[PDB]
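Chain A is the first sequence line, chain B the second, and so forth, proteins listed ahead of strands; every chain is numbered from 1. These values consider heavy atoms only, across backbone and side chains, with no hydrogens, waters or symmetry-generated copies. Modified residues are listed as parent or X, with no contacts credited to their extra atoms.
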Amino acid sequence: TXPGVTXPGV
DNA sequence: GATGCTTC
DNA sequence: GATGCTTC
């Protein structure tokens, strides 16, 4: 997730 | 070191 | 099955 904690996603 | 899901 | 790395 994020970044942080990508997206999701990417 | 945690860490985290979403679309692709 | 592949992604996507940061801020915390």
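In this structure, the drug modeled at chain A is dactinomycin. Other chains whose heavy atoms approach dactinomycin (chain A) within less than 4.5 Å: B, C.
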